[PDB]
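In the model that follows, one finds asoprisnil.
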Amino acid sequence: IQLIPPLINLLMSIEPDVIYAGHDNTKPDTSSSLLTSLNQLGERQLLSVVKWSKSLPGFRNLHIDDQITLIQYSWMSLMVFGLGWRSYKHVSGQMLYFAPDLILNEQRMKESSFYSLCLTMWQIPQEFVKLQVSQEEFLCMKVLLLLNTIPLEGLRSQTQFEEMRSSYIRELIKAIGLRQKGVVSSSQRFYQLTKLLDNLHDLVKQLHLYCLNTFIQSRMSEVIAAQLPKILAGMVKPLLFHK
Amino acid sequence: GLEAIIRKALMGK
Ligand SMILES: COC[C@]1(OC)CC[C@H]2[C@@H]3CCC4=CC(=O)CCC4=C3[C@@H](c3ccc(/C=N/O)cc3)C[C@@]21C
């Protein structure tokens, strides 16, 4: 386990820098101020995800249309996954670490106005704690999330996409092989980690539904039409590791 | 609405 594989070290090196929400924690929370900070933090993280993708081996070789499609389909999962990692890493998964300046502990969640959403997102960090996910496993898993959903008709650079996905799958195995020595144990951990990824498909639509309803509550038939493919099943093709 | 943001961000740098 000593030496970390080059590709994994590369992934760590391209991890975006800390992103701040720009939230003023010296003032009492309000439903509006917290929603405002999340949207601001969200846009910043999105641009960060796009930048990150540009340094990911194999990504820029895909048709630009596939690149756009993949980011569109996975930004929510990537963000909730990163949130889970920060929460697990910095606060033992005991609270939601959206940013250094936006951390919601249990009490803060209960009074945020979106407590149910908090409990759902909290599921990821809690699972990270149980599994004790390593930084190496995390980095490989995150790339797989970016490559976990495609159009029903597939992509333009389909073969290239599949080889890119297959490579990071192999890399996840190396990551696991670092602490898991044994063919039965390493195999079992692969199932656990990838099963966790399969389970995110359902969770992600929950987040998109909450996003839409938060929008509706601020203000249509057209906006709702463009969001359904993100909350409804059968509109895209999730790539499951297990039946 | 993000497609526009994503598309523009991908071309840039
Ligand atoms: C109260 O929540 C409102 C949401 O929706 C109202 C529904 C789910 C949120 C995203 C959850 C994951 C996430 C993780 C982070 O580390 C920061 C922000 C974040 C979310 C937020 C978010 C806002 C804007 C954007 C992109 N804008 O271009 C991305 C993410 C808010 C929602 C979507």
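Throughout, a chain's letter reflects where its sequence line sits, starting with A, and its residues are numbered from 1. All heavy atoms count here, side chains included; hydrogens, waters and symmetry mates do not. Order of listing sets the numbers, starting from 1, for every ligand and every atom in it.
Ranked by contacts, the chain bound most extensively to asoprisnil is, in the PDB entry, Progesterone receptor. Other chains having non-hydrogen atoms less than 4.0 Å from asoprisnil: A, B. Mapped onto UniProt domains, most residues of chain A near asoprisnil sit in NR LBD.
Residue contacts with asoprisnil include A:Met121, since one or more of its heavy atoms lies under 4.0 Å from the ligand. Looking at the model, one finds no covalent bond between asoprisnil and a chain. Between A:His208 and asoprisnil there is no heavy-atom distance shorter than 4.0 Å. In this structure, A:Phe215 has no heavy atom closer than 4.0 Å to asoprisnil. Entry name for chain B - SMRT peptide.
Judged by heavy-atom distance, the UniProt progesterone-binding residues in chain A that approach asoprisnil within 4.0 Å amount to A:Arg86. Within 4.0 Å of atom 19 (C) of asoprisnil, not a single protein heavy atom is present. The source organism of chain A, per the PDB record, is Homo sapiens.
In terms of N/O distances under 3.5 Å, asoprisnil is not approached by A:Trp75. The heavy-atom binding site of asoprisnil at 4.0 Å consists of A:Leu35, A:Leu38, A:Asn39, A:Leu41, A:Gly42, A:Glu43, A:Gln45, A:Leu46, A:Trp75, A:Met76, A:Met79, A:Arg86, A:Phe98, A:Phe114, A:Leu117, A:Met121, A:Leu207, A:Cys211, A:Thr214, B:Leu2.
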Nitrogen or oxygen contacts under 3.5 Å, asoprisnil side and protein side:
{"unit_1": "asoprisnil", "atom_1": "16 (O)", "unit_2": "A:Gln45", "atom_2": "OE1", "d": "3.0"}
{"unit_1": "asoprisnil", "atom_1": "16 (O)", "unit_2": "A:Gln45", "atom_2": "NE2", "d": "2.9"}
{"unit_1": "asoprisnil", "atom_1": "16 (O)", "unit_2": "A:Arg86", "atom_2": "NH2", "d": "2.7"}

